[PDB]
Amino acid sequence: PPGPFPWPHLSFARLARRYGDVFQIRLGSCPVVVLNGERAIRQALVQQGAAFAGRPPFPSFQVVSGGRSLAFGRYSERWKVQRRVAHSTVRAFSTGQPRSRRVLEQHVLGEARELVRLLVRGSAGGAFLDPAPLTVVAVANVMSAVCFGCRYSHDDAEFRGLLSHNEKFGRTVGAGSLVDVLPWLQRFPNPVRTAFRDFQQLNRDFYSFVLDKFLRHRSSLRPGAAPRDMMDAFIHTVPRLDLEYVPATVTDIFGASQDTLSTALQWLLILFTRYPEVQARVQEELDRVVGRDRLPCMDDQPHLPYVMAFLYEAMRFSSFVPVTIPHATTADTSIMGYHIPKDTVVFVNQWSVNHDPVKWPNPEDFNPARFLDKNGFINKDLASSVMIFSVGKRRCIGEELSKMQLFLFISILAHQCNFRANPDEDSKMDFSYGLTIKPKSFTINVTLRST
Ligand code: HEM
Ligand SMILES: C[C@]12CC[C@@H]3c4ccc(O)cc4CC[C@H]3[C@@H]1CC[C@@H]2O
């Protein structure tokens, strides 16, 4: 592999155009490999998936979910069991339990209507507002209903703690990651360390919060009649797994859906405002198939080719998850002719797959018609090649869950309201990097619409 190069996610694409699809970088102490091409990634993660299905052993990882995290657990024989049930259980709720689709669809509807309420009221007359704090609230409330059944009221005190948990979490994860590349920072006092502690105590305070919900759920109506929410489904579905694994995976299912689905909606909104033509086409397609007397539902998703095309290309354009969770090699392997030793950290650049000019002819241009190939004038299945949920054995287990969720959100948001940009904000979607690519602070005006 090309020798370690010294110094965002765009920098990785700069070196791939010059030093090859695969190369090494020095991250302080640890050396790391980078995969940038769809060829180098599909090869490593799909073909040789079992070889790249590992995670680095980091300080940030273990405290999460009480050292039993699915997202940060090492590749092990018991981990494989943790995923199989985790993937199967979550798949059960999103699609397959006609009830869970309903129980989920009800929770998405409810919070989605609360969203247009607070969005319109906040834009009374000609007022503009920042939708970022509303998207995080809608995401946190919905996922609480999926994990714990109870969809709290926005003023509920316990719900205020969840919101307060996500904030500090996203604000201190940076320190938790700095220790992973600068482990000596813990050898003396400094602000990063003082923050790393706050991050580790957070995942303890929050795991106990979820462990409680588990106990109070377990010793409650146990005929097995129906899973109220994700918690029961995990209990019903239980090498051997310690019973403590059920709440450990739910702590990940919650923490995972937060920052991404929020950013997802933030992009879907700021895009409606910067491209009013496509917003119209989206708006036309809902009135034509669904009508004006009822709200959209999932059973219309097949009959809504453009709405999803807008979704799939919003994910491609933003690529708000530019780099996946760092992988580690399970054994020695070779990719593109290079030797790869074991226990080596390897990043996966999803941004390079979504902006490779050969694949996507005009990469930096927002055009949802890509996934609509007019010869059939129906949605084309190229979406599967959009890299945002990753690939292989560590791919997101909530892919088919967040697709329905987001589909129901923008379809309700666009079926009821008209999103206008702010004329003073200089257009030009400016990005805020780190975690996921959130669009830097913006404001929009949301008004109802008629037909
Ligand atoms: C827009 C929505 C989402 C995006 C873009 C997203 C993205 C990702 C990414 C980049 C990874 C790491 C893949 C890798 O390491 O190769 C991942 C893994 C994961 N996701 Fe998400 N995610 C989303 C929503 C969700 C949801 C809704 C859930 C749960 C219902 C979830 C749970 C997880 C878990 C548990 C993992 C770890 C899987 C593993 O390590 O084997 N995510 N996702
Ligand atoms: C790491 C990300 C933010 C933190 C998310 C998280 C946060 C906590 C957790 O226990 C699991 C996960 C898995 C999905 C993670 C996301 C995948 C991409 C995003 O950057």
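The residues of chain A that appear here are 51-57, 70-300, 313-525 by the PDB entry count, in order. Atoms within a ligand are numbered from 1 in the order they appear, just like the ligands themselves.
- Structurally, the main neighbour of ligand 2 is the chain that the PDB entry identifies as Cytochrome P450 1B1.
- Among estradiol, desvenlafaxine, benzolamide, the compound found at ligand 2 is estradiol.
- Other-chain residues and nucleotides with a heavy atom under 4.0 Å from estradiol (ligand 2) are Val126, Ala133, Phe134, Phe231, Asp326, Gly329, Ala330, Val395, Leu509, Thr510.
- Apart from estradiol (ligand 2), the ligands and ions with atoms under 4.0 Å away are ligand 1 (protoporphyrin IX containing FE).
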